[PDB]
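Featured here: a structure holding tacrolimus.
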Amino acid sequence: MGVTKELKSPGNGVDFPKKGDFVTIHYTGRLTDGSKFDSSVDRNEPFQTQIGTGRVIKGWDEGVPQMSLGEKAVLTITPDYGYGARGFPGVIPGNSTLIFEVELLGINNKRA
Amino acid sequence: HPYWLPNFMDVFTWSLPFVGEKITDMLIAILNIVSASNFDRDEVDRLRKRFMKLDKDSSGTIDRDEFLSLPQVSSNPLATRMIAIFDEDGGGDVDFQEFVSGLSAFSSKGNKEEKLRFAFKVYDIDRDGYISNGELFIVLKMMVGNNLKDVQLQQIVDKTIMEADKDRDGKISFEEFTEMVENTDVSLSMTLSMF
Ligand SMILES: C=CC[C@@H]1/C=C(\C)C[C@H](C)C[C@H](OC)[C@H]2O[C@@](O)(C(=O)C(=O)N3CCCC[C@H]3C(=O)O[C@H](/C(C)=C/[C@@H]3CC[C@@H](O)[C@H](OC)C3)[C@H](C)[C@@H](O)CC1=O)[C@H](C)C[C@@H]2OC
Ligand SMILES: [Ca+2]
Ligand SMILES: [Ca+2]
Ligand SMILES: [Ca+2]
Ligand SMILES: [Ca+2]
């Protein structure tokens, strides 16, 4: 519903993030017209966060734990699981669906 | 390889939503002159009871250890900044006048100017009224950790200062800061959401 995940290339199928785990991710974010608004790949700097604890938008907290270590997927996130009516200033309009290409590179100390 | 924020945005627009989120997260944890504050006399009295529970040693002041006693505060990347800002006289601890004054800025009854001032104080570590290059780097680094390289943070700090520093002294005054952020929703970031 709020986030849909499309698997593009599989991970190891056995290791999945649990609530409270720290994940390492390479991502590219796009609006629905396909335009890129941000990418950790382009700055050669993976993104790390604790997952499942509200430190990122709800679409990530709910979508990322579905991925197995090493998976590449696309998360499609509705505004209720993203930045809502406000959007994110300078970057994301209000009422925006978001498309993230996500590669799960690490779960705690485990690396893909 | 040059780095810029999405849409070449400035670091204040970029960081203020997270600043407001993290501080209001801590205020929620804590909540669960005085006569000129944004609180009626009744609400002030409720805060007196909240203050008393936090002061574990009955000093009339809350120190750093009593703030960090909350799990929601100790895990928070802006805990040190919030504590320093609440300590208005700079004496190491927050009395009740400082407790109420700090919370009053985040009221839905507060004005844009005092929320701009609180936001500015997040970055102005040494309280001299100017955000220096190093202060802006340090405070952004506190929030981003290893999610940007130091050289990437240096490029966007330097570009934002070049854009905001109207009189070209290498620092950002309060007036330069408020002009930089005049078309973003700073009040919203710096408000604890009302039921
Ligand atoms: C001092 C800097 C601030 C600090 C910035 C960093 C650590 C650098 C880090 C790479 C973020 C990027 O910086 C280039 C940039 O990434 C985006 O482009 C993006 O692809 C995105 O959507 N991401 C990032 C990757 C995880 C999912 C999502 C996110 O959850 O991001 C989170 C986010 C914005 C949550 C908001 C916060 C405000 C609430 O009100 C709102 O509530 C609904 C939810 C980020 C991680 C915050 O937790 C942390 C920060 O903000 C945003 C479009 C804007 C964001 O810049 C801010
Ligand atoms: Ca005390
Ligand atoms: Ca004090
Ligand atoms: Ca200063
Ligand atoms: Ca200046």
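Below, chain A is the first sequence line, B the second, and so on; all start at residue 1. What you see below is based on every heavy atom in this structure, not just the backbone, and it leaves out hydrogens, waters and symmetry mates. Order of appearance sets the numbers: ligands from 1, and atoms from 1 within every ligand.
- Within the model, the positions assigned to tacrolimus, copies included, correspond to ligand 1.
- Within 4.5 Å of tacrolimus, most heavy-atom pairs belong to the chain that the PDB entry identifies as Peptidylprolyl isomerase.
- Heavy-atom contacts below 4.0 Å between tacrolimus and other chains occur for A, B.
- When only non-hydrogen protein atoms are considered, atom 16 (O) of tacrolimus lies nearest to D38(A) OD2, 3.2 Å.
- Of all protein heavy atoms, the one closest to atom 3 (C) of tacrolimus is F18(B) CB, 3.8 Å.
- Per-residue contacts place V56(A) under 4.0 angstrom from the following atoms of tacrolimus (heavy atoms of the residue considered): 26 (C), 30 (O).
- In this structure, atom 51 (O) of tacrolimus has a protein heavy-atom contact shorter than 4.0 Å.
- Given atom 37 (C) of tacrolimus, the protein heavy atom at minimum distance is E21(B) OE1, 3.6 Å.
- Atom 44 (C) of tacrolimus has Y83(A) CE2, 3.9 Å as its closest protein atom, hydrogens excluded (heavy atom only).
- Distances below 4.0 Å separate heavy atoms of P17(B) from the following atoms of tacrolimus: 38 (C).
- With hydrogens left out, the protein atom closest to atom 9 (C) of tacrolimus is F47(A) CE1, 4.1 Å, a heavy atom.
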Polar pairs, tacrolimus vs protein, N/O only, below 3.5 Å.
| residue | atom | partner | partner atom | Å |
| --- | --- | --- | --- | --- |
| tacrolimus | 13 (O) | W14(B) | NE1 | 3.0 |
| tacrolimus | 16 (O) | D38(A) | OD2 | 3.2 |
| tacrolimus | 18 (O) | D38(A) | OD2 | 3.0 |
| tacrolimus | 20 (O) | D38(A) | OD2 | 3.4 |
| tacrolimus | 22 (O) | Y83(A) | OH | 2.5 |
| tacrolimus | 30 (O) | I57(A) | N | 3.0 |
| tacrolimus | 31 (O) | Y83(A) | OH | 3.4 |
| tacrolimus | 48 (O) | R55(A) | O | 3.2 |
| tacrolimus | 56 (O) | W14(B) | NE1 | 2.8 |

